[PDB]
Structures are given as C-alpha cells and as structure tokens.
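The sequence lines are taken in order and lettered A, B, and onward as chains. Here chain A follows the PDB entry, giving residues 560-859 in order. To match the PDB entry, the residue numbers of chain B are left as they are there, and the shown ones run 574-707, 722-871. This depiction is restricted to one part of the PDB entry, and every contact reported falls within that part. Just so you know, these numbers use all the heavy atoms, side chains as well, and skip hydrogens, waters and symmetry mates. Indexing begins at 1, ligand by ligand and atom by atom, following the structure's order. Header entry for method reads electron microscopy, 3.6 Å.
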Amino acid sequence: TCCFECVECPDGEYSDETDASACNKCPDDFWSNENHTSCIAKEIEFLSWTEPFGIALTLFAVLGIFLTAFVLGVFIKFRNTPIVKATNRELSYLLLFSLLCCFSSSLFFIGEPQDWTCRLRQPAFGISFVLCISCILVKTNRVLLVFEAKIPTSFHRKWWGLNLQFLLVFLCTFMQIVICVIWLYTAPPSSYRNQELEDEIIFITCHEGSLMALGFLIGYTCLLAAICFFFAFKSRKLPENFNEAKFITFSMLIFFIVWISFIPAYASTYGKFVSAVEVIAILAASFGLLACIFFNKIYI
Amino acid sequence: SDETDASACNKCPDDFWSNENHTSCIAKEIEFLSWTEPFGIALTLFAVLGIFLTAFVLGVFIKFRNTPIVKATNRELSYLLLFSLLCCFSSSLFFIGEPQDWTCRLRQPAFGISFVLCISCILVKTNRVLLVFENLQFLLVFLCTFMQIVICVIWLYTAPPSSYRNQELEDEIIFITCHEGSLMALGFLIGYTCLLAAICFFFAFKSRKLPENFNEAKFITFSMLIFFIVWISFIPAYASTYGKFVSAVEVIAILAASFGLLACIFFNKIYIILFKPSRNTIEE
Ligand SMILES: CCCCCCCC/C=C\CCCCCCCC(=O)OC[C@@H](COP(=O)(O)OCC[N+](C)(C)C)OC(=O)CCCCCCC/C=C/CCCCCCCC
Ligand SMILES: CC(C)CCC[C@@H](C)[C@H]1CC[C@H]2[C@@H]3CC=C4C[C@@H](O)CC[C@]4(C)[C@H]3CC[C@]12C
Ligand SMILES: C[C@@H](NCCCc1cccc(C(F)(F)F)c1)c1cccc2ccccc12
Ligand SMILES: C[C@@H](NCCCc1cccc(C(F)(F)F)c1)c1cccc2ccccc12
C-alpha cells in the first residue's frame, strides 16, 4: 500500500488534499474547475437585457412603435382627403392599433422567464395577428360588395350600418379567444429549470404543457392567410385608388416565407437563439405588414 | 472494464463509446440527412413535382409552338430558361444523402451556374432597352455565364471541398459534413449572383409600366423581389441551425426561389395558351 500512482479525477469531481485516495463529488448547482481543484457555480443562460442582442431587439421595437404612431397621426390630421376616406377610415384606425399590439408582444420574450410571461407569450401575438388579418379580410369584402352592386342600397339605420363592419372582426377573433381560454384553464404553461441537457449550464425556459392547442392556432392563423390571398386574387380588377392586391399577396408571402424558413432552427436548436429567432420573425412580419399597405398611401 | 478485480478502467477506442452499464464498448452512431427520414421525403416529393411541372410546361410551348403567343417571345431563350429551371430542382436533389467526396465539390457550383444562366436569360429580355445598343443574345448569355464558370475552376484547383467526419459536436454521435474549401471563392460567387440580379431587377422596375406580352416586366420584378426576400431570410435560419438541418434549410431556399422564377414568368402565359383561344396577334 505504500506504493501508488496518481490519476486525475474525472469531470465534475475535485480534490484539495495531498493524498486524496478518492474523488469528492461536486455539490449540486456547482461544477469542477479546469484543474479539478475547487467547485465553482454553474452558469444560467437566458435572453437578458445586458447583452447588446437584447439591447438591439428592444431598440428595434421602439422604432417600430414610433413609426406606427407617426402613421396614425397622418390618418388623424388628413382624415378627410378623398384617398384617405377611400380606404375605410374606421377599420384602418383599428388595424393600426392592432399593429401597435403586435410590436409589443415581442417584448415578452426578453428577460428571465416567469409563469405569467410564459403564459402570455403566444396568445397575445396570435390574437393581434388574427385581428389584423380579419380587419384586412372584412375591408376587402366590403369594397367588392360595394363594387358588385346591381341595384341601390337598403341599410335601414346608418349607425347599425357600421355595426356589421365591427362585429365581423370580433366573430373572426372569437374562435381563437375561445381556444386560448380553454387551453389556459385546462393546462396552463409554466416555467421549467432544465439542467439535464448540458452539464455545466442551467437553462431557464417555459413549458407548453398541452401542445395540441399550438397546432390549432397555427392551423387557424394560416387558414385565414389562405383566405386573404383568395380574396386578393378576387380583388384584382378594381380601380387604382381602391385596389389593394399586390400589397396583400406580398405581406402574406413574407409571413409564410419567414415562418417556414425558421422551422428547422426552432425544431433542432435549444437555448437562447430560439427566442432570438422568434423575436426577429415577429418583428419581420409586423414591419412587412405595416409598410406593404400603409406606406404607399402615406407617400401620396 | 470487462473482468473481475480491475486495477483501472480502460479507455475506449476513438470509434466507439461505452455501454450504459460501463461493462463493454459498443458502436457509435453516425447522423446525416438520409433518404428515409420523414423530413426528407417531403423535400424529395416537392422537387419531383417541380420537375414534372417544368416538363409539362416545356410540353405546351414546344407543342402549341405554331401560335402567336409563343412566337411573340423568343423560343430559344425560353428553352434555355426551362432547361436551367429543370436543373435547379434536380440540383437540390444533390443536397440530400450521405456526403461523399465529389458531392461536396458539386454542391454549390451547380446551383450557382444554373441560377446565373436563368438570370442571364431574363436580363437579355427586359424591354430591349438593354439590347438596343446590342446572334448577339447567345454571345451575351455565354459571356455572363463564363465569369461564373471561370471562378468555379480557379476554385476547384486551389482548394476542392471534401468530407470532414466531425467528432467535436456530440461525443457519442459522429457528424458527416462538408468543408467548403476557401471562403473568398464562395463570397465572390454570391456577390456576382446577387449583382447580376440587382441590375436585372432595376431595368425591369424601370420598364415596369410597359404592357408588352401581358406586362411581363412586372412579373420579372416580382420574381426578383421574391428571390431577395427568400435569401435575406436565409441568413438567420442557417446561422442558428446546428446539426443535420443545414441541408434542409438550403434545399428549402433553393426550391422556393426556383418556383419563384417559374411561376411568375410562366403560369399566366400557360393559362392563356391552354384556355381561352381568343388572343391572336391582338393582345400579344
Ligand atoms: C425559405 C422560405 C420559403 C417559404 C415558401 C414560400 C413559397 C412562395 C414563393 C413562390 C411561388 C409562387 C409566387 C407567386 C407570386 C405572385 C405575384 C403577385 O404578387 O401577384 C400579382 C397580383 C396583383 O396583380 P395586379 O392587381 O397588380 O394587376 C392587375 C392587372 N389587371 C387589372 C389586368 C388584372 O395578381 C394576383 O393574381 C394576386 C393573387 C394572389 C397569388 C397567390 C400567391 C400564390 C402562393 C403560393 C404558395 C403560398 C404558400 C407557400 C407554401 C407553404 C405553406 C405553409
Ligand atoms: C405553385 C402555384 C400554384 C402558385 C400560384 C401561381 C398562380 C396560381 C398565380 C401566381 C401569379 C398569379 C397571376 C398574377 C397576375 C395576373 C395578371 C392578371 O391580369 C390575371 C391573373 C394573373 C395571371 C394571376 C393568375 C394566378 C397566378 C399565375
Ligand atoms: C410565435 C409563434 N409561437 C411559437 C411557434 C414557433 C415556430 C417556429 C417556426 C415556425 C413555426 C410555424 F411556422 F410552424 F408556425 C412556429 C406563434 C404563436 C401563435 C400563432 C402563430 C402564427 C404564425 C406564426 C407563429 C405563431
Ligand atoms: C446554395 C447557396 N449557398 C449556400 C451556402 C452559403 C454559405 C455557407 C457557409 C458559409 C458561408 C460563408 F462563408 F460565406 F459565410 C456561406 C448558393 C450557392 C451558389 C450561389 C448562390 C447565390 C445566392 C444565394 C445562395 C447561393
């Protein structure tokens, strides 16, 4: 026994005595040093505000808010010009508010995840986007109907006349407000500290809990997109001051392009870049919508 | 360790890992985008559909070839464009399977050459303001393709691509990938393929309002815009996919833009020739 050899301790075990005779296991929430001589605390990785990437996504999502505010100001100052009144000046306003809601949803992906944030992350963006899609769809059908008129109108009360314009949007949004409510009560999302995947790093993420709702939401938000194009296809022969086809088929194509190009990184990679690409995709879709439709007219 | 009373635990050879019970060594697992994975059948099926669609289109044009609509445009340039499009979808098929030595070399240049050829046809055709200064069209197309052919060759001499057999991503899993030789050649290839498309997109914007052949310039600028949007997005997707989905991202991007050039420029005229035979040297 007086004669022995020296062998290094394996990963995650340390020693601090002269003749160890055994490797002491590192305590929980700690990891061995480079030389296996003293345990050190692990590292927690999440999309924080200290790194410039976080400072960046935030400094975009303020520029978008400012641009949307500027656009709504023209439609409020020049609220009686023929081309502004050409597009629905009611439903055009409601859309702008929905776009404001859209830019904001992204700021719920920055910072340490918590229960309420993880629960409110997806439904807000889904509701806002479907609200915008419903606004576009109802506006388009009204003009086709106005311009498919054989014999004159018969609306019996002017005010209720504009009730249809607003209630159809709520009817469209009702299906996803339902799905969001039943989902949240029957299995709410919750936070989950994961340390199994990599030994030295603790990951803080959320947990979907029930995944079947995440398929129905995509199916619905997408089905509506298939309707925006068809109506966009049907609305190609109208005159210029009212035409809105090119814009519709480019915005939804951008949406599909981004959210189908970003599938594999989301499917494979784990960690902080998933949230990064989600934020960048949301921002890309929202700008795409805003400048496809409202900017030509804001130039004119 | 195998037997009883082991003084020390033997390491395992580099081509193996160790069983859950640490008793003995088993074989490592090699991962790569295969032809049987459920996520590659969709890509194979999608492509085959594109190939069949291109074959059908070249059918109608070389069958109803004695009509004013097809003769209004140049037939030779249409054949060249259809041939280039047929090679893009087929090229994508070169991005799926076990990476061999020669495949890594033929991955990029084939698509680059095909896309340069297809873009060059549209350029020689945008409202003839380009062609007014000044058969000549074939010479210009050959000159456009030759600079990409040359850059490919100097590159294959000075650094060919080959397999890597990476072992630094997953200790248990062996990754088979391609090492893309040098970066200057790839950067120059991308720069040229984008610079040509930029010029094509501009003159056509410029000539977007001329209603020649059912306003074909507008569809060309639509296709160019689609191509940019698709590839500006390729940046973050690939920059954050780590594993065996880089090939998937590349295939998805290539398939999108190929359909982008085929559909825009062809489907309106395909509909006109096949149905409603009422336009003959009047609306053409
Ligand atoms: C890496 C990411 C990849 C993601 C995949 C994306 C693939 C999509 C890209 C490309 C393939 C097809 C693209 C074709 C684009 C159409 C161009 C366009 O903009 O159209 C022009 C409009 C406007 O015409 P105008 O009013 O100015 O002229 C009026 C003149 N006068 C009065 C004579 C009539 O005319 C019209 O017909 C408008 C009718 C709307 C056209 C429908 C768009 C077809 C989309 C097909 C695929 C979409 C789903 C993708 C699959 C993934 C599912 C998740
Ligand atoms: C893969 C396929 C199905 C994607 C969709 C392609 C087809 C359906 C789309 C893409 C571009 C579209 C065309 C865009 C512009 C015009 C000009 C207009 O005066 C007639 C309709 C027409 C000709 C559209 C017909 C439908 C069209 C050809
Ligand atoms: C933001 C997203 N929730 C995470 C989906 C991750 C994903 C990553 C990459 C691709 C895809 C998708 F394209 F397959 F959806 C999903 C979301 C929530 C709610 C509604 C949505 C409607 C449209 C798009 C996204 C929606
Ligand atoms: C298929 C595609 N090459 C993708 C790999 C790019 C890359 C992969 C890995 C590293 C680097 C980097 F080194 F440049 F960053 C770049 C391609 C091929 C040919 C022409 C093309 C023209 C336009 C767009 C894409 C083209």
Peer 1: Quick one: do you know the drug at ligand 3?
Peer 2: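 It is the drug cinacalcet.
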Peer 1: Determine the main partner chain of cinacalcet (ligand 3) by heavy-atom contacts under 4.5 Å and name it as in the PDB entry.
Peer 2: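 It has the most contacts with Extracellular calcium-sensing receptor.
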Peer 1: So, around cinacalcet (ligand 3), which other chains have a heavy atom under 4.0 Å away?
Peer 2: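 Other chains, by heavy atom: A.
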Peer 1: Taking UniProt's transmembrane annotation of chain A and counting from the N terminus, which segments bring a heavy atom under 4.0 Å from cinacalcet (ligand 3)?
Peer 2: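 Counting from the N terminus as UniProt does, heavy atoms reach that close in 3, 5, 6, 7.
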